[PDB]
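This entry carries masitinib.
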Protein chains: 2
Amino acid sequence: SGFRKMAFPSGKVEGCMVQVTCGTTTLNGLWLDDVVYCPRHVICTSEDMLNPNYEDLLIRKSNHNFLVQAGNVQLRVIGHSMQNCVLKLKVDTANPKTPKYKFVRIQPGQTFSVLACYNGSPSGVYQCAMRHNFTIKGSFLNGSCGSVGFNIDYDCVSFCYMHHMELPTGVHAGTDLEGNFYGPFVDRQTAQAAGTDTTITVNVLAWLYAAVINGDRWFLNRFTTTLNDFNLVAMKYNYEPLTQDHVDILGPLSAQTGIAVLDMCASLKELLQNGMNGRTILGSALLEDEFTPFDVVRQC
Amino acid sequence: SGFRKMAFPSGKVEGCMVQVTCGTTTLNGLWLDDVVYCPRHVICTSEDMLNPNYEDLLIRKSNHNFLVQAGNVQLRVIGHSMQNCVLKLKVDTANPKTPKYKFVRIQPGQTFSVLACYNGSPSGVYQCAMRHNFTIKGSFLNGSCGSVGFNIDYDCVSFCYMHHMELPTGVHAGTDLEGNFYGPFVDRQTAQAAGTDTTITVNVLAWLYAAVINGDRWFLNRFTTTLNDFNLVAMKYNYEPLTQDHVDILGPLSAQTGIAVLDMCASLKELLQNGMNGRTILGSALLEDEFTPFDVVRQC
Ligand SMILES: Cc1ccc(NC(=O)c2ccc(CN3CCN(C)CC3)cc2)cc1Nc1nc(-c2cccnc2)cs1
Ligand SMILES: Cc1ccc(NC(=O)c2ccc(CN3CCN(C)CC3)cc2)cc1Nc1nc(-c2cccnc2)cs1
């Protein structure tokens, strides 16, 4: 019993974190086989934060300009190249702790675990969702760039996020491990702001099903609605429209609890219109949207 | 920026988890040097859940009755003994991944990270607080017994919790690693229930300070109260009384934000009497009490 925000065990990723220093700039890098991946703005200079041209900056760099440390063991850089917004540093030693891994790009609504790192050293782990405006609401201080986000499948680490920057509203933006930013953001100091965000409806419903599995039942009712009439009220409260594929994904949860997905939609409709009236659901007083249906099935 | 529920990197503990099997009962054990620690009810039989005498059960056991697996590597048990409610199994191999560690017992209000394990295999990590009634609100399914809770200090793992059982209300009870239960619970199936719980006041205040550090300021006000008059309203809402030592611990946070602790108490008083009126604090619609002052300082 119980339902908690839960992250993946981080040991397989801890073994890959290193420190990358260029000049007087230090951030974290990810060491897999004989390549270190890190954000390219580690080569940025003070008088270049305006309109930096990273191709120019990198052509003016040599291998000895990059200092890489794995613990108290300096790694010798023997090649460098740029892969969109990430830098690839070829080193003379393959990481013996390299796990089976994949580079994957996630979608809005999907979750992953973040290993927050400072100076190549892991300090904490937490769970995050990619929002609809391609930001994440993380916890990141100065020096955290290069921290990575990941999912684990059996023994395989699917790397999906590298941290690059913080936006004015305090949310966070980054890239996949191929260097392609999530969302319309660039790695230079401009007036870029996040677009408007929406509530992830399929995740809220999954979370309601986790509530029922854990004995919270006060929000249920005898009403049932159509998918169409549910989406009408969803738009009014800035929720994502529900699709048939979203109903299918909720199938297993619906079967386990004996509660039809559209029955649970009818409950969510009433929660939006009347609120909670003081009561809580799984220890929360608002509707949580950062648990996928997979996260719920795994934990319950 | 940002404030998230955050756990410690779990790699140092992942390397210590093993599977302990006795008969047809399988739970998780903790392998440090040449000793495996696990809950003693792994020796329980079906016709003994009433009034089991564990001394009797263990005298009737031999070393070959305990099957210990570290991955796909069977560990040879060469000695056993009971340490209150935990079993100590001496094995013929010292764990080469054994970190620097301590056995410590925590207090109500203090937090720790839980590595949830099934069959000797870590599946997720989350943060927990010891409540005032010595339960934790964890996330634990059948087979999770022997999962451990821990804090990390630099390079040292302070083990503070081993999971033993789930109570009827769905909260969880366990022991320190010396086998002494937290709270008035025993490891046999009776009608034991958790006592009444209280809100951890010093943690709520720490969390309000984290809000201010993260730009949430709408709950502040120009009022200031005495410690005595604050405790009067705290008792009325089932909050723990605040002490001077609790004010001292909040010193650093008070200095960083320029907000006097008793000023923040005056804000908390108004939140209890009027509520939040729809607004949220750090993405929550209730007052969170599972962040210690240390947890806040570490993350902000
Ligand atoms: C997107 C981006 C673009 C360029 C930079 N780099 C700089 O601003 C910068 C880099 C290096 C220097 C120092 N110079 C270069 C070294 N040395 C020669 C001296 C001068 C001065 C400024 C950082 C970022 N990303 C950042 N993310 C954060 C951040 C803060 C808190 C939480 N999460 C992310 C701060 S900056
Ligand atoms: C406190 C306690 C006391 C005794 C036991 N053990 C049993 O009930 C039990 C143990 C073994 C058997 C099987 N027998 C022994 C082996 N074999 C000979 C066949 C018969 C049958 C029952 C478990 C516990 N603890 C438990 N915690 C949970 C639990 C569930 C979900 C989440 N967190 C904890 C279930 S049981």
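Numbered from 1 within each chain, the chains take letters A, B, ... in sequence-line order. Indexing begins at 1, ligand by ligand and atom by atom, following the structure's order.
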Every instance of masitinib: ligands 1 and 2
Partner of masitinib (ligand 2) with greatest heavy-atom contacts, name from the PDB entry: 3C-like proteinase nsp5
Masitinib (ligand 2): other chains within a non-hydrogen distance below 4.0 Å: B
Entry organism field for chain B: Severe acute respiratory syndrome coronavirus 2
Numbered atoms and elements of masitinib (ligand 2) in range of B:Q189, under 4.0 angstrom, heavy atoms: 1 (C), 2 (C), 3 (C), 8 (O)
Majority UniProt domain at masitinib (ligand 2) interface, chain B: Peptidase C30
Atom indices of masitinib (ligand 2) within 4.0 angstrom of B:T45 heavy atoms, with elements: 14 (N), 15 (C)
Masitinib (ligand 2) covalent anchor: none
Minimum non-hydrogen distance to atom 13 (C) of masitinib (ligand 2), winning option of B:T25, B:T21, B:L141, B:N142: B:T25
Heavy-atom nearest neighbour of atom 15 (C) of masitinib (ligand 2) within options B:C44, B:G23, B:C85: B:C44
Per-residue contact class, B:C145 against masitinib (ligand 2) - non-hydrogen pairs under 4.0 Å: side chain
Atoms of masitinib (ligand 2) close to B:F140 [distance to a heavy atom under 4.0 angstrom, numbered from 1]: 31 (C), 32 (C), 33 (N)
Binding site of masitinib (ligand 2), heavy atoms under 4.0 Å: B:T24, B:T25, B:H41, B:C44, B:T45, B:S46, B:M49, B:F140, B:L141, B:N142, B:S144, B:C145, B:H163, B:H164, B:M165, B:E166, B:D187, B:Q189
